[PDB]
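Position 1 is the first residue of the sequence, and the numbers go up from there. Structure determined by X-ray crystallography, 1.6 Å. Counting starts at 1 for both ligands and their atoms, following the listed order. Keep in mind that the numbers below use all heavy atoms, side chains included, and drop hydrogens, waters and symmetry copies.
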Amino acid sequence: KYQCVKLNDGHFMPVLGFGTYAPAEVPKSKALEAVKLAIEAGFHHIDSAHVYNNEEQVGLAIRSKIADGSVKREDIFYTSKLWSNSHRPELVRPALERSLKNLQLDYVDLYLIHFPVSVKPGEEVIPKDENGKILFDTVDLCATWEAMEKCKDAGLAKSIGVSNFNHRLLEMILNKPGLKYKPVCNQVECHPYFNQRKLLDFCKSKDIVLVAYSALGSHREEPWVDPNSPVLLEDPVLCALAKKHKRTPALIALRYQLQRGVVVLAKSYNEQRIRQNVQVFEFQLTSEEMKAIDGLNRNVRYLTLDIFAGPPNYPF
Ligand SMILES: NC(=O)c1ccc[n+]([C@@H]2O[C@H](COP(=O)([O-])OP(=O)(O)OC[C@H]3O[C@@H](n4cnc5c(N)ncnc54)[C@H](OP(=O)(O)O)[C@@H]3O)[C@@H](O)[C@H]2O)c1
Ligand SMILES: COc1ccc2cc([C@H](C)C(=O)O)ccc2c1
């Protein structure tokens, strides 16, 4: 048994997920080990993506832990994400099948539209012209979404959702004529310096689950993230609270999300921090602590993905 939330399609999502992205210079071997450790520690939800270039390793971890008798497939919730070179509707299922082939899994539990800006089809995930300009594409995300819904009907994705959508883009999908399956979730950046209250309430109102990424203040990797931005975990109130509960600032940040009805991801490739993070289910925060964490909010977005700024669908 483990804590899950009922999704709007009737499937269940474990409320703590294991983030698997690491910078290109971390060897891929470390993903294999880290995901095995995550499963051993009690993570039942694993979050990856095509663009993380780790699905071979992440899939091997999962296969290994099923084959070794540690876990059944039905007690792993695995998420992949459709990258923006395959937004064209005819390209959606091939991209999902490619991920499945890399993973050697029969299905993903969740398939997400990773980012709403589309780029040119082909093998390169960030296609550039000869002068280094990103090659943007124009695609109707409503047609992308229909192709996702067919992947669900094919059984290849148990559930489908989105990521890095704003209000407008979610409404675009929700208000789509002939809409068959709402998104189960919107995975977006969320932490005490960017608590997303507005978008969170919107999602709740539509029974869409908000899935928090960079819940611990992000990988802080250059050039994805500005090195001058404030370190979330160094925050005095979070450290005060941690010290008080004999926990860690990370644990306080993750607990904050769980109590406000957000599903929270946490990446770590460190054995001790992997085990530490599952301790989020061992303590609880009072209303006064929760309000204190709310007051940290300061509109700090770590992940702008601004190399994809310009086209209309850029979400921030
Ligand atoms: N949909 C998207 O666009 C999108 C965007 C960003 C992230 N994501 C997903 O969300 C996941 C997590 O977000 P993220 O990678 O930015 O990092 P995140 O979880 O905020 O955490 C970042 C850093 O926290 C450290 N950490 C973990 N546990 C800790 C602890 N208990 N105490 C102190 N430090 C701790 C990790 O380092 P160690 O590894 O050394 O422990 C990691 O570098 C990603 O891996 C990915 O699956 C999705
Ligand atoms: C190699 O090319 C990429 C492209 C897009 C990426 C998006 C992301 C986001 C930050 C994410 O979902 O973590 C990560 C890595 C990426 C690598």
By the naming in UniProt, what macromolecule does ligand 2 touch most in this deposit?
Aldo-keto reductase family 1 member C2
Help me out, what's the drug found at ligand 2?
naproxen
Among protein heavy atoms, which sits nearest to atom 14 (C) of naproxen, and what does the distance come to when rounded to 0.1 Å?
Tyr52 CE2, 3.8 Å
Do me a favour and list the nearest non-hydrogen protein atom to atom 10 (C) of naproxen with residue, atom name and distance?
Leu303 CD2, 3.3 Å
Of the protein's non-hydrogen atoms, which lies at the shortest distance from atom 9 (C) of naproxen, and what is that distance?
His114 NE2, 4.0 Å
Let's see which UniProt active-site residue of chain A is closest to naproxen - and the heavy-atom distance, to the nearest 1 Å, please.
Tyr52, 3 Å
Write out the NADP(+)-binding residues UniProt gives for chain A that lie under 4.0 Å from naproxen by heavy-atom distance.
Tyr21
How does naproxen relate to the UniProt substrate site of chain A: which of those residues have a heavy atom under 4.0 Å from it?
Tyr21, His114, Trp224
Give me the residue, atom name and distance of the protein heavy atom closest to atom 4 (C) of naproxen.
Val51 CG2, 3.2 Å
Mind checking which other ligands or ions are less than 4.0 Å from naproxen?
ligand 1 (NADP nicotinamide-adenine-dinucleotide phosphate)
Name the organism the PDB gives as the source of chain A.
Homo sapiens
Which residues count as the binding site of naproxen under a heavy-atom cut-off of 4.0 Å?
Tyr21, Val51, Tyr52, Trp83, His114, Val125, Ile126, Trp224, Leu303
Report each N/O pair between naproxen and the protein that falls under 3.5 Å, naming both atoms.
| unit_1 | atom_1 | unit_2 | atom_2 | d |
| --- | --- | --- | --- | --- |
| naproxen | 12 (O) | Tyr52 | OH | 2.6 |
| naproxen | 12 (O) | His114 | NE2 | 2.7 |
| naproxen | 13 (O) | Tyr52 | OH | 3.4 |

